[PDB]
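Each residue takes its place number in the sequence, starting with 1. Both counts, for ligands and for their atoms, begin at 1 and track the order of listing.
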Amino acid sequence: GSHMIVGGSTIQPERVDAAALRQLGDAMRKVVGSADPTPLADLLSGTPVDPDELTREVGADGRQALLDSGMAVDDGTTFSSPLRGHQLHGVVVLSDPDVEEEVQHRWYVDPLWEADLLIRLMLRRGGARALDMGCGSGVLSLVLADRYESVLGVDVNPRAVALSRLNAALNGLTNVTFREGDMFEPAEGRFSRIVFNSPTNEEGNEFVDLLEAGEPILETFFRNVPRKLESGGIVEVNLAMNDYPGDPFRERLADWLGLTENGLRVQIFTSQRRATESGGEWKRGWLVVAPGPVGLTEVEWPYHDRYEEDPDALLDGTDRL
Ligand SMILES: NC[C@H]1O[C@H](O[C@H]2[C@H](O)[C@@H](O[C@H]3O[C@H](CO)[C@@H](O)[C@H](N)[C@H]3O)[C@H](N)C[C@@H]2N)[C@H](N)[C@@H](O)[C@@H]1O
Ligand SMILES: Nc1ncnc2c1ncn2[C@@H]1O[C@H](CSCC[C@H](N)C(=O)O)[C@@H](O)[C@H]1O
């Protein structure tokens, strides 16, 4: 048909018993991320697999649970999966494979481009109630679930809600809730923790799709953050920022947050930057709202480079700062 097919597959965990899902999840903990792929690990890496082999490893029920949830598809001979398995930070996560923009369905889910990294940037603290805006595959929500009494994930992509729910089910996590909706609209009450791996990269002000929504989505997030955040609470945001001549991002951010009016402390840790036509600058960085002296600070923290060199060096970094 048309070429934008990756990310349109039907995902339906509610079609399977939660016990079957937690068993499949247990099979996945054994083999996903381990070299010399078993049948199940190779299925979750995108290779066609004989169901005979797959059956010996997860059972006949496990084999049906893969088909009924949509984790696998029966060609005729073999089984294939439209998703990819990951195992990190104590959790097992499925998501779409990493592929080029041009073959991305409008419901394509973040293939975990920065999730492992952002999880290492996250303050290791815990508390009452966490929110994960744009939760995608649910990966950030599943991690936070370990140190928060409850976690709410929100995404406007109904495929990502289904996938998030599947992944929670695979890990047998019971304190995680996902809702479909537009930004804060289904997030009732306040939160002691808010995390946002934002849909922003090189699109500037332009809305391109659900993964690159333009600066307007950041303005909405940050304008509404003060009424969503508990006193003493913590916001963390992965984002792309654009500085234009006489028009720096950090100032637009201050207005959105009502920085002085709300008494907020905001630090931006900038990791990558490149000059643009307009004479201004593109940045990628990590923004944290946390308690302390009212104001906005910006530092250079090349955490993308230090990640390539030694990932565990990033643990408790924002705490040290
Ligand atoms: N190497 C090939 C890949 O290159 C691009 O991948 C980008 C990611 O997009 C970007 O992720 C960030 O930008 C997304 C929007 O682009 C946001 O939604 C997301 N929250 C945010 O973390 C990473 N930082 C860097 C990576 N090079 C393409 N997009 C992708 O199709 C392609 O396979
Ligand atoms: N208006 C909106 N309301 C809620 N989520 C939105 C949104 N617009 C885009 N998003 C979501 O924001 C997510 C950004 S990608 C990050 C996904 C996941 N948290 C991870 O780290 O891997 C996407 O899933 C996208 O669907």
Look up in the PDB entry the name of the chain with the most contacts to ligand 1.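 The largest contact count goes to Putative gentamicin methyltransferase.
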Help me out: which of zidesamtinib, rigosertib, bekanamycin, mitapivat is at ligand 1? bekanamycin
Write out the residues of other chains lying under 4.0 Å from bekanamycin, heavy atoms counted. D98, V99, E101, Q104, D110, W113, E114, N197, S198, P199, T200, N201, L211, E212, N238, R284
Modeled covalent bond for bekanamycin: none
Is there a polar contact between bekanamycin and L211, counting only N or O atoms under 3.5 Å apart? yes
Which other ligands or ions lie under 4.0 Å from bekanamycin?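 Those are ligand 2 (S-adenosyl-L-homocysteine).
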Evaluate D98 for polar contact with bekanamycin, using N/O atom pairs at a separation under 3.5 Å. yes
In bekanamycin, which numbered atoms sit nearer than 4.0 Å to a non-hydrogen atom of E212?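 Listed by number with element, the hits are 15 (C), 16 (O).
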Species of chain A according to the entry: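 The PDB entry says Micromonospora echinospora.
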Nearest to atom 29 (N) of bekanamycin, what protein heavy atom do you find, and at what distance? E101 OE2, 2.9 Å
